[PDB]
Undergrad: 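Below is one structure. I have some questions about it.
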Amino acid sequence: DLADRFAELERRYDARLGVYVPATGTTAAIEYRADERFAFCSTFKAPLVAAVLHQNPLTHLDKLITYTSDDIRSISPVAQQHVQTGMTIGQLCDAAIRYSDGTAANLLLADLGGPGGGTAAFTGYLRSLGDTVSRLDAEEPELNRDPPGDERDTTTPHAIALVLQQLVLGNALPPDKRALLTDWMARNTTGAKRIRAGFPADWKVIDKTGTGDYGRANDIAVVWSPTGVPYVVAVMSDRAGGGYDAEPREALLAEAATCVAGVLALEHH
Ligand SMILES: *C(=O)/C=C\N[C@@H](C(=O)O)[C@](C)(Cn1ccnn1)[SH](=O)=O
């Protein structure tokens, strides 16, 4: 019946919708097109920050990276502000997560794998985490621009949640480093209208959004019940019918998250 609720969202928003919530002790897994591929968009910036965190000591976050206005080829609200003084690796992670800064993400890719191998290196951190399905093939902004049906720069709701689960609720990062990722996602500025909107205020939410062409809108989150019970939420969508310039629908994601919140919070004693 929840599948039918999701189907209606799709009909109404003229859109394809992907949802995954892993099973916990107390709940079943929520799945709707969980193994269909969806463009990553900026959602990759979360596991990217984990990858830089993991490969280096915390000292590495103080490394000043300089770049130029030449390097800014995508929306970079923080990297623009710091073009002349440079940004540190920590600042970059800050911007990548909290502002979805494209330049910031492209520098972390270079830090991770050098020039020319950052995508390979990021995909390999996911492989190290037992995700064989996901893949990153390009930098910003081109990763946001592949056609529907192209496997390049795709993940699936299933895969990316299971990765986020490991990153936030598992040991893929130690506590000093995991906390920093969580603090950055917790302080996200781009996600108020997606998973966050679908959940009561006394549930805690950390998240990383995505947005892109063909009406792509993503959100991945980790949510906490008022009594600290955690869940992973992956919600992904596109709207290929409108062409490359089609309107993405944040409302579609908030509705989905509301269905999920509905399930996870109603207690049936
Ligand atoms: C961020 O999560 C993923 C994509 N961001 C896009 C967006 O914010 O809509 C762009 C990178 C925006 N853009 C236009 C020109 N340069 N950047 S994507 O639409 O290209």
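Start at 1 with the first residue, then count along the sequence. First listed ligand is number 1; within each ligand, the first listed atom is number 1.
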Undergrad: Which drug name is given for ligand 1 in the PDB records?
TA: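 The name is tazobactam (bound form).
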Undergrad: Under the nomenclature of the PDB entry, which macromolecule has the greatest contact count with tazobactam (bound form, ligand 1)?
TA: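 The chain with the most contacts is Beta-lactamase.
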Undergrad: Which residue atom forms the covalent bond reported for tazobactam (bound form, ligand 1), if there is one?
TA: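 As deposited, the covalent site is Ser42 OG.
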Undergrad: Which residues from the surrounding chains have any heavy atom less than 4.0 Å away from tazobactam (bound form, ligand 1)?
TA: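 Non-hydrogen contacts come from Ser42, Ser74, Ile75, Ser100, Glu140, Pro141, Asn144, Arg145, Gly210, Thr211, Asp213.
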